[PDB]
J.: 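Below is the structure I would like to discuss, written out as structure tokens.
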Amino acid sequence: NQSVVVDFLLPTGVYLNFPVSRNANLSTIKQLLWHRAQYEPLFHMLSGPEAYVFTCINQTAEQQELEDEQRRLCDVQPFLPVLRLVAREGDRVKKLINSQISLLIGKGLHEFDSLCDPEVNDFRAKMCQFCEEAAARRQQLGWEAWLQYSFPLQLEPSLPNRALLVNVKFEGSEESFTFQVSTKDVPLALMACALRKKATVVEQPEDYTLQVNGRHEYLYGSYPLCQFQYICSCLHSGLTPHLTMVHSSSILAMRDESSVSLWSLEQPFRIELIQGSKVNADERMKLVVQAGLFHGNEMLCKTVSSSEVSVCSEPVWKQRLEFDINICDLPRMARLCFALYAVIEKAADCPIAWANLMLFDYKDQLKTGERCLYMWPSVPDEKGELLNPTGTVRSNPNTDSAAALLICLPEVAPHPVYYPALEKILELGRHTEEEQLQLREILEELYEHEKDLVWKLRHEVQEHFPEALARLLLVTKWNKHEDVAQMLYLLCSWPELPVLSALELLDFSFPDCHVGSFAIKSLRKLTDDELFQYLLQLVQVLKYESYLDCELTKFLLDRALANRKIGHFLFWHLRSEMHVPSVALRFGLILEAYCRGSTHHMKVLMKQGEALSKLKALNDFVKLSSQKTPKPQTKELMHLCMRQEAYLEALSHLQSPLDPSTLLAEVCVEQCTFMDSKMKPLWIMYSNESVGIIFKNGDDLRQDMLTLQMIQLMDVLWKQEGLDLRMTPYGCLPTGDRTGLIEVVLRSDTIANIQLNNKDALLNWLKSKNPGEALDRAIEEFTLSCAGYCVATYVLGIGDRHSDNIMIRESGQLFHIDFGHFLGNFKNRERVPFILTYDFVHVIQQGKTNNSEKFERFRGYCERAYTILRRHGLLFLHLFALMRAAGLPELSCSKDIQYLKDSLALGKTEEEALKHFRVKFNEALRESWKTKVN
Amino acid sequence: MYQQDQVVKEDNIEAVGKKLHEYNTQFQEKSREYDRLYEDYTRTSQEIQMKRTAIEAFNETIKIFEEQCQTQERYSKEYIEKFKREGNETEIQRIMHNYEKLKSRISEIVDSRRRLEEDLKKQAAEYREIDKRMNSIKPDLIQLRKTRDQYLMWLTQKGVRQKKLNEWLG
Ligand SMILES: CN1CCC(c2ccccc2CC(C)(C)Nc2nc(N3CCOCC3)nc(-n3c(C(F)F)nc4ccccc43)n2)CC1
């Protein structure tokens, strides 16, 4: 099955048909075609083979000009084996990026055009314009600015004054100069040192830069050497750094490669419900449609219901539903929601489906006319509210087989109506002692008498409690345009709130466009380091947006175009959800806009997506063959599938998606294996100038990413207080439908595998991995890492911790794997207690039955960590509240948020929370002995 | 004066707890069945979209083949006439036979596209029946959840400890 029969269409109309090898590249195929075409008619009229370019229909159903004739036919992957010769004309660069974009984001660009939506076309035109602008400006910036953009500094949060040697090498020279430097030297200072060494065994230091050997990580800036990630890791590990001298000139080579006012329309709001379509329900029941207006999650009037109609595929109502609100009182973000349900005749209510629609379009126009809303199927939940107002306003893309409602907005004016501009809003919004006591009492759900007081002294809230803006936003009555006008008046003059408050304002409870713009305006203070910490939550709240062109998409694209690493992870956060029909349209547009501004990183991402495709096919081969053949003989069947030229070339010489600065060069086929358990994850080893990755297919790795991200956030928050608990914050990255990669920590093994070779194998393994003097250091790393992961797992509610899902590093560092559930969930919910393990307590006590001093130090480590986490509990709460948009099954209601409130004891003072934590620790100590005595 | 709608086997605590176990068992069973159906719903939706974009790719392939036919009918004209007034009718036969081969190839692709069209029609009815089965399962599923919660509240009011409740919910 090595050959494939290919059809060839020549520009003279001649047709040819012969088999070629599936693995030959397009250049070889063209030479073969030219050798056969000379014996076919009209050959004397074609030009040379190099005047033409192959054209095919790719997997995304688009025409593509196959410009890279070094691509194998199996890598091109045409729909049918049909190649057409066409002329080398046109922009060619634009046609190239247009085709590679459709294959990279997993959706054809033509699918956007076919929608015939002006909002889509306006988004693409504006967003792709701005992105191409930023890409063009970046190409003009200096070499130092480009080295910034492509590789931002990887720095520690942050220091003694040590001095150690370093191996500095030059480009293309095996000779390398080793010399000592101080840990507080700026990299320019060490730069000039290697220079005066080179000229005496006459360039200038500020013309060069420093690169880590075997990695796309660079050392520069006005920072001390100790603050760098690679250097700081080199000191604790004991290894001497290995750097490379790079001229600026080598960096440039990388860089080159009509006025009817709405408020005068006092008539009530109404719609015309007409017909349903493609309804599949029980024939004995009746169909009802529920409808209600919403601003965020708040009702704006009563839930006006329709009458019962017999169940059928195309039910007809033709009824008018009138709502208890006037047109002049509908907010800008007024969100009207339907829910079709089946009810037993009056003589177990079943929500069939639901659909939401904005009353104003993206151009601020009140929608009038016929609307066809393709619904989403209703999923049963805990709060069986028929109306689902938190759902997306986007339509179901499955248009040929999904149900829909035909509704009609009535004409209200001869000229169309808009929502008033900001100036017309501020004109409306422009117009004691005892009360200050209750204001402080309330701001330190609300209640009716308290709601009206906060709205009464709204100016006092702005002038004395600015961080309470979110509370004032909720008490505002949005169903009254006068109240709205006054609130937006105060909002347009609110002082700048810290990032913490802005994080809360990004929730779905605050849907006003003015609110989101105020929040984003406060998030602009974020550093790239801090913004990366919340990148995952920021992407998730995009599902909360009502329009395509929004402030948050603007901000995320801004930062992605300014920081290549941020753009890299923004790409994968969106690409890994393109199989979700709710966000495929919005994400695909953002992804296309991002690619047009990052033609360079497009090449890296293309290479990564191809390797991920090969791994999926590889894992599929292993899954199918692991059930019939024992694991020993399945490994070489893997190996045989990997050493294929297409497979080997695709899995080699790429940037890791888990870290774009990590280079995955040569595949160690021999060291590659798999796991003969569930999911059959792959273990892929590499060797550069030795990194591993884990390809897991079958499970959504988003919850595991959030878990590891939250652990990594605790590590940064602790290091900001001078508390280094020797964490192992390895990375986890979902790349597609139940597909992701897991970073591999070298020199690590499970608790179990070490305890199977009385149970002192833990201490003995540490002695054999840290001989003599190194033991003490290893025990200390174990003590700190045990405390931080004990506190982390208790705070996040991660139970089911046993010898299989805890690992040890050869340095003594402990860490966890395979977080199946969090927030107290198990095979059911319940608070996971604080857990101490005697097998571990044996190691902190250095083998002694009683080592009080060491144990009190370990308890101080635990308590200081828990104390620091309590200081940032609002950050964790806000991040989790935004994370509810992700749809994780164990993060969907306020009870999951309440788990973090109780685990961190945010309702109690620091004294009372520390005392209760003391009691929990003590009971965990008492439970650790009873754990293994049985 | 207060006559709330209590619908429980109001009797001994052990009997209500027994039926609490049976209702919770049925609820978890119905939930597993619905989750199986919802998985089939998601897979069928993915496959239907795959077949629909593959239909567009067939459309684009046939479009290119019809462009080739038109290009031939124009480009051939000048030559075909000259070869005739030159005795090269053997080569006219060559051009005409080659163009006939292009025609038959179009018919093959047309046939394969119609086959995928029929597969999509079948899967479209498959999708509609999976959604109908889900819609005939939900009423029970929600009723089973409400009954389980009602028995749980009755037991909680009577003073049953959390341990016995966990025993009945296992
Ligand atoms: C003799 N061989 C040696 C190779 C073993 C092997 C094969 C394939 C995949 C994995 C291994 C490793 C092993 C022990 C089974 N354990 C393991 N190791 C990690 N590592 C991530 C950190 O660095 C350390 C390695 N990660 C997971 N892991 C999985 C799992 F489903 F893949 N899901 C996860 C979800 C979240 C976090 C971690 C997760 N699990 C099989 C026997």
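Reminder, nothing fancy here: chain letters follow the sequence lines and each chain counts from 1. When a ligand or atom number is given, it counts from 1 through the structure's own listing order.
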J.: According to the PDB, which drug is present at ligand 1?
T.: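 You're looking at zandelisib.
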J.: Okay, contact question: for zandelisib, which chain racks up the most heavy-atom pairs under 4.5 Å? Name from UniProt, please.
T.: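 The main partner is Phosphatidylinositol 4,5-bisphosphate 3-kinase catalytic subunit delta isoform.
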J.: Any idea which other chains have a non-hydrogen atom closer than 4.0 Å to zandelisib?
T.: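 Going by non-hydrogen atoms, A.
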J.: If we set the cut-off at 4.0 Å for heavy atoms, which region of A/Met679 has an atom near zandelisib: side chain, backbone, both, or neither?
T.: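 Within the 4.0 Å criterion, A/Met679 makes no contact with zandelisib.
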J.: Which option out of A/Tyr730, A/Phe695, A/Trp683, A/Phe815 puts a heavy atom nearest to atom 5 (C) of zandelisib?
T.: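 The residue whose heavy atom sits nearest atom 5 (C) of zandelisib is A/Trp683.
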J.: Looking only at distance, does A/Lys631 have an N or O less than 3.5 Å from an N or O of zandelisib?
T.: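 Between A/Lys631 and zandelisib (N or O atoms, distance only) the closest approach is not under 3.5 Å.
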J.: Just jot down the zandelisib atoms closer than 4.0 angstrom to any heavy atom of A/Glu743, in number order.
T.: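 Near A/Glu743, the atoms of zandelisib are 21 (C), 22 (C), 23 (O).
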J.: State the atoms of zandelisib, each with its element, that fall below the 4.0 Å cut-off from a heavy-atom position in A/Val744.
T.: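 Taking each heavy atom of A/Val744 in turn, zandelisib has 23 (O) under 4.0 Å.
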J.: Between A/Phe819 and zandelisib, does any nitrogen or oxygen pair lie at a separation below 3.5 Å?
T.: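 Looking only at distances, the answer is no, because the N/O contact criterion of under 3.5 Å is not met.
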J.: Is zandelisib less than 4.0 angstrom away from at least one heavy atom of A/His816?
T.: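 Contact absent.
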J.: Where's the contact between A/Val745 and zandelisib, heavy-atom distance under 4.0 Å: side chain, backbone, both or neither?
T.: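 Within the 4.0 Å criterion, A/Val745 contacts zandelisib through backbone and side-chain atoms alike.
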J.: How does A/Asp818 reach zandelisib, if at all, at less than 4.0 Å between non-hydrogen atoms: by side chain, backbone, both, or neither?
T.: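 For A/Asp818, the contact with zandelisib is made by both the backbone and the side chain.
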J.: Could you name the option among A/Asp749, A/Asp676, A/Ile817 that has the heavy atom nearest to atom 40 (N) of zandelisib?
T.: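 The option holding the nearest heavy atom is A/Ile817.
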J.: Could you name the option among A/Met807, A/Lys680, A/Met675 that has the heavy atom nearest to atom 14 (C) of zandelisib?
T.: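 The nearest heavy atom belongs to A/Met807.
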J.: Provide the UniProt domain of chain A home to most residues in contact with zandelisib.
T.: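 The UniProt domain in question is PI3K/PI4K catalytic.
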J.: Listed by chain and number, which residues of other chains have a heavy atom closer than 4.0 Å to any atom of zandelisib?
T.: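 Sure - by heavy atoms, that gives A/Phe674, A/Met675, A/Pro681, A/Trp683, A/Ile694, A/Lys696, A/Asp704, A/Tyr730, A/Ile742, A/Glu743, A/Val744, A/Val745, A/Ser748, A/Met807, A/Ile817, A/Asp818.
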